[PDB]
Enquirer: 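Please read through the structure below; I'll follow up with questions.
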Number of protein chains: 2
Amino acid sequence: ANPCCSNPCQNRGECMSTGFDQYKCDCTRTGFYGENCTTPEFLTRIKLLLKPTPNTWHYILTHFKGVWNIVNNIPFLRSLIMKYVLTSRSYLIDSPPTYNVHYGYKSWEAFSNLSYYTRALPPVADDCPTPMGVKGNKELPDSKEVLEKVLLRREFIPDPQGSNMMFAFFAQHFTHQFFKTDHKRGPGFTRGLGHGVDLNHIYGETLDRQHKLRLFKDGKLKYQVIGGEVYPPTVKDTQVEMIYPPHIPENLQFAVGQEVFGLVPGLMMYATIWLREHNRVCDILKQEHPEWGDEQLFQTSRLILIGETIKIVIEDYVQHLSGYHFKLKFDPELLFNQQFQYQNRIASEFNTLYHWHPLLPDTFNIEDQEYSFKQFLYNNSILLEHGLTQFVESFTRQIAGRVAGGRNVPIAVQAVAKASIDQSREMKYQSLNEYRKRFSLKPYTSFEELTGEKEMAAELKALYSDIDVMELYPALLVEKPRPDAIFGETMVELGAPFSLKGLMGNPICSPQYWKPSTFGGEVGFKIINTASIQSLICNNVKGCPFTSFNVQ
Amino acid sequence: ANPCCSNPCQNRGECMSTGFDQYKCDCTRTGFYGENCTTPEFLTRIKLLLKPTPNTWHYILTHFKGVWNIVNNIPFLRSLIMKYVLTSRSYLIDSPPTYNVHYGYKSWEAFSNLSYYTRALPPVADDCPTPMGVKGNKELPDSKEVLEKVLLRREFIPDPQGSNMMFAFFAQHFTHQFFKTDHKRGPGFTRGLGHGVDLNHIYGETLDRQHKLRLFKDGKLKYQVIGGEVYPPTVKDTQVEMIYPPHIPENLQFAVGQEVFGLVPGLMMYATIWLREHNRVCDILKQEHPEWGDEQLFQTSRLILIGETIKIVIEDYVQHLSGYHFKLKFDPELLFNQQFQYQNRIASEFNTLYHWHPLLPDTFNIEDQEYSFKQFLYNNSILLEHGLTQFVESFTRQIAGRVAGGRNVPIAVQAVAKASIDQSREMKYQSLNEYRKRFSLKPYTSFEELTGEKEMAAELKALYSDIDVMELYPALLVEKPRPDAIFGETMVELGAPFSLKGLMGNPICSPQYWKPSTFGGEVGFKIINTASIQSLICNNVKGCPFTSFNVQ
Ligand SMILES: *[C@@H]1O[C@H](CO)[C@@H](O[C@@H]2O[C@H](CO)[C@@H](O)[C@H](O)[C@H]2NC(C)=O)[C@H](O)[C@H]1NC(C)=O
Ligand SMILES: *[C@@H]1O[C@H](CO)[C@@H](O[C@@H]2O[C@H](CO)[C@@H](O)[C@H](O)[C@H]2NC(C)=O)[C@H](O)[C@H]1NC(C)=O
Ligand SMILES: CCCCCCCCO[C@@H]1O[C@H](CO)[C@@H](O)[C@H](O)[C@H]1O
Ligand SMILES: CCCCCCCCO[C@@H]1O[C@H](CO)[C@@H](O)[C@H](O)[C@H]1O
Ligand SMILES: Cc1ccc(Nc2c(F)cccc2Cl)c(CC(=O)O)c1
Ligand SMILES: Cc1ccc(Nc2c(F)cccc2Cl)c(CC(=O)O)c1
Ligand SMILES: *[C@@H]1O[C@H](CO)[C@@H](O)[C@H](O)[C@H]1NC(C)=O
Ligand SMILES: *[C@@H]1O[C@H](CO)[C@@H](O)[C@H](O)[C@H]1NC(C)=O
Ligand SMILES: *[C@@H]1O[C@H](CO)[C@@H](O)[C@H](O)[C@H]1NC(C)=O
Ligand SMILES: *[C@@H]1O[C@H](CO)[C@@H](O)[C@H](O)[C@H]1NC(C)=O
């Protein structure tokens, strides 16, 4: 078998075979040399001594709030820190991208083919003795066993950071513009050829789909009026394809950019909000540009809403789950004097640690009503019944589950959680420890250290036997939560590089785009730089209800 | 009507309408302020004073050969200048790309849609009074008039720099991997979705086409043996589509990556050479990696040949036409400490100024034979007759015409030259002077200054009346050539940024790719770093005839 199967190369060295039973490690620019790139250079020895731990950084950013209250009001220093936050995370990601599910080596097929999710780590070779190379048994433990024992939800474990359902459905709505798996090809394939925040979940993946959804007047998208409230148009009125149970009434078959956003009314809520936001920016742009035609009013409104998205995600969405007292900042001009690639390819592993199944409640509580999963699914009549106002007010109050910590996956979606385990195996994922070393983390030495707890850790040791054979996805949902937080170390340290790269690696953040003229002047430019989840609801949702990603 | 038709904004400022008859210029990071971005900042005033002219740079690099002979042997200094050569040219190009033929403003359609050629300058609005904006008459002069008078070839004007037919057909073969116009859509559209050097003109634009051309054993491409000589396979044996006169025998219908390379036997020569080179590198990679399968031997051989191409282009191809005594250097490690986007998008204007029609001779001289255009076109039996050896030996001897200077377009291809004039008009190109200011050149003040001569300059003034209405493409072929050179100032200053960006903006030049493991070891890695047009022929062409881009 592959002499590279054992995963010998350390510190991001690359293993190439030099015979049937021989390998060589390429230690090019890894700060290490030696057979498996383990002998550190003198400057590397220094850096290794001087960088503190992720757990060290998290403590500082989650404490000393009073001194952060000072830092948050010193522009240069605030800009200085955010500059290091952006830069230091963005060396973890290969750009241009390297591997995918079919190529454990760099190739033009891997690079050029955009139908692929890329890969932070190359897939385990198909001729390897074990599913993880050389370690463990011939076959990995039963997914159903792992699922039931340490993953499935017994009693509801609420998020200590106080995440609500506004946060839950945002994450679902937001990330599904680039998490569009091509099931007809496999789990390692995406239909999101934009590979980032293009808002195709609002406008459409293709130009053909977009023109069906557009009104072709004043740059607006088509809509319908029900009960005096603005909602998306219908599938019959537009003939864009949507995924629905064939028993759904025609007037309830809404048509939006993403074809699956009819799944849950939570997605259709944001889909309605973000649609209203488009036709609001259009009105503002026509207010300043009466000379503009429909085509330019649309394209400009799109770029603005893209910036609005990134703005909200950083200073509202990421701000919340980080639990940082340091107040984040969406500002592309911090990267202009830095080496940064304005491009991004979505990774399979980033879609993997995004399966925040524990974030889903047991019932969906709206106004004075508790809906089961069976009642909520594909039921937009719920949305028409309460309206967006009562929807936001309710979802801002209902709390979401804890992702990390173990045993919090709602049993309604058990099959989906078991699929995440199965698909990651099918895509020949490397072990948890290999992904930790990949992101400069220290390999867990025991299952107990992973959980900071004895019960589940004993369950896991009976299943996997060896800590170096533990799988990535189940480890995330059981990892010892950070203190009073929603995630563990591995979730944040792996997901943060993937996230800030897809956001800042957007063409509108590049110096040639990041300028008032691109967005229709200072008026349109302001819309982006002052964007927030509160004003997004205040502007589009009737009555302007208070909203947040946190419960009061 | 559009207030920005007059092209008011200077120094790369962007024009935006602020009313039906009102405009605003965005002077963001242009080094200028004021109404049309013309008031220079103090540091800009300094740089403007200290920045030498392009003609100043050209004289230095084309003189002091003895002192350059010293510079060429001092690695650091040699690395130092090339670093400035790469960097200083690569700020002229927008990256990520901005405009295309349909969008004179930044938009997501312009950025995401890869079917478009991008645009250095946005197209003139469709509602502008004149085809150039506001200057000139209602209609531009007759293309046939311009063509016949100053463009068409009277007596053959040989290239002073001594370009041969090896250089002419290389340029045609090389640049046609990203110059694949989608005529079904229009001149502003490309079928080259790779938008760079992907060698799809050898392997294929699509994965489907590639698999038809591969042998699927040892990573090699399919071929046939005629007269003991290796040639491309046939259309019947592979069923890849090729463009042929349906009167062509079946054994003469060769199948290569690019579907039009059956046009002239000069293209079919390199297509045969570059095919032989593939199955030569495969044998070497199998020599080092007997454990490798067909798929990896192919993908690795492609990446190497990609590097081989870039290597040859810089240090042989660009080296020649530059006429520099300074010896160029293909070395990606010069950009690692520099801000550089490893991405590229092809521009309509770059395809325009690469219509080197004057480079084409009156007859095609092989061995002791002189072929007309009518005899050469679609006649591969010429290639079988003389073989590659006699093909290279002859083409290295035959000289090519002078591009700039005026009146050197062979009349046999006059319609192609008239198409270049027409297409540029159809694509709403801005004037010559607007493209010069765009690339920091000084606007020509008279037609004579442009020609450095009186007669063509008068014929041109009778046609266009005003120098600010002169078109880009005809200006290139009549421009006052540099001292005993093939081009004028505008050709080099516009084309050099476009070229070095598409070359270095290749993923294999990125730090994560540029390492021995990517190319199968140090044996494969050296193949790239030692690549040259001489060894490319020596290795693949029988007898190893001396070859160059210059006549002896
Ligand atoms: C990207 O890769 C996928 C998978 O290798 C390609 O999809 C295959 O395309 C061939 C071409 O005809 C088909 O025969 C296969 O059935 C396809 N397989 C799957 C799983 O889709 C895809 O064509 C590639 N994309 C590009 C642009 O080359
Ligand atoms: C890129 O833009 C071109 C031109 O706008 C698109 O081509 C058009 O596509 C629509 C979609 O159905 C067709 O109805 C038109 O006939 C096409 N016109 C031309 C001239 O080709 C193309 O689809 C766009 N590409 C992408 C990926 O969106
Ligand atoms: C300037 C103040 C520096 C304090 C740094 C905090 C160091 C303690 O940080 C600790 O790191 C541990 C490592 O696993 C974690 O388990 C703990 O949760 C965390 O408190
Ligand atoms: C060592 C410094 C020598 C200065 C070299 C530049 C001066 C001569 O350069 C001249 O510049 C003109 C445009 O600028 C061109 O028309 C001439 O052909 C070119 O020779
Ligand atoms: C899987 C994951 C991991 C981390 C984050 N956000 C985040 C974080 F939680 C801490 C520090 C930085 C960032 Cl960008 C996020 C949020 C997101 O970018 O969608 C997801
Ligand atoms: C239209 C054009 C302009 C310039 C060049 N090469 C070139 C040159 F001619 C002088 C200095 C640098 C470079 Cl990269 C070339 C040759 C090429 O890179 O294909 C074409
Ligand atoms: C790592 O290097 C050591 C010696 O430095 C060698 O014995 C070993 O085989 C290498 N690989 C692994 C996976 O340990
Ligand atoms: C949809 O929601 C409504 C409440 O508005 C509920 O009465 C109905 O039963 C739901 N549909 C299904 C199929 O459960
Ligand atoms: C440039 O600015 C001047 C004043 O600074 C103004 O009169 C003129 O209209 C502007 N545009 C052009 C094309 O000159
Ligand atoms: C093709 O070239 C051959 C010379 O090898 C010549 O005899 C023949 O006439 C040419 N074909 C045509 C159609 O002119």
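Proteins get letters first, then strands, A, B, ... in listed order; numbering begins at 1 in each. Just so you know, ligand 1 is whichever comes first in the structure, and atom 1 is the first atom listed for that ligand.
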Enquirer: State what ligand 5 is bound to in this structure, picking the chain with most contacts and naming it per UniProt.
Expert: Prostaglandin G/H synthase 2
Enquirer: Report the name of the drug found at ligand 5, as recorded in the PDB.
Expert: lumiracoxib
Enquirer: If a contact means heavy atoms under 4.0 Å apart, which other chains contact lumiracoxib (ligand 5)?
Expert: A
Enquirer: Which residues in chain A does UniProt mark as heme b-binding that also have a heavy atom less than 4.0 Å from lumiracoxib (ligand 5)?
Expert: none
Enquirer: So, looking at chain A, which UniProt active-site residue gets closest to lumiracoxib (ligand 5)? And what's the heavy-atom distance, to 1 Å?
Expert: A:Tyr354, 2 Å
Enquirer: Any chance you can tell me which UniProt substrate binders of chain A have a heavy atom closer than 4.0 Å to lumiracoxib (ligand 5)?
Expert: A:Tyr324
Enquirer: List the residues forming the binding site of lumiracoxib (ligand 5), heavy atoms under 4.0 Å.
Expert: A:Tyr317, A:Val318, A:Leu321, A:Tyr324, A:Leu353, A:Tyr354, A:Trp356, A:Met491, A:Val492, A:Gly495, A:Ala496, A:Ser499, A:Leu500
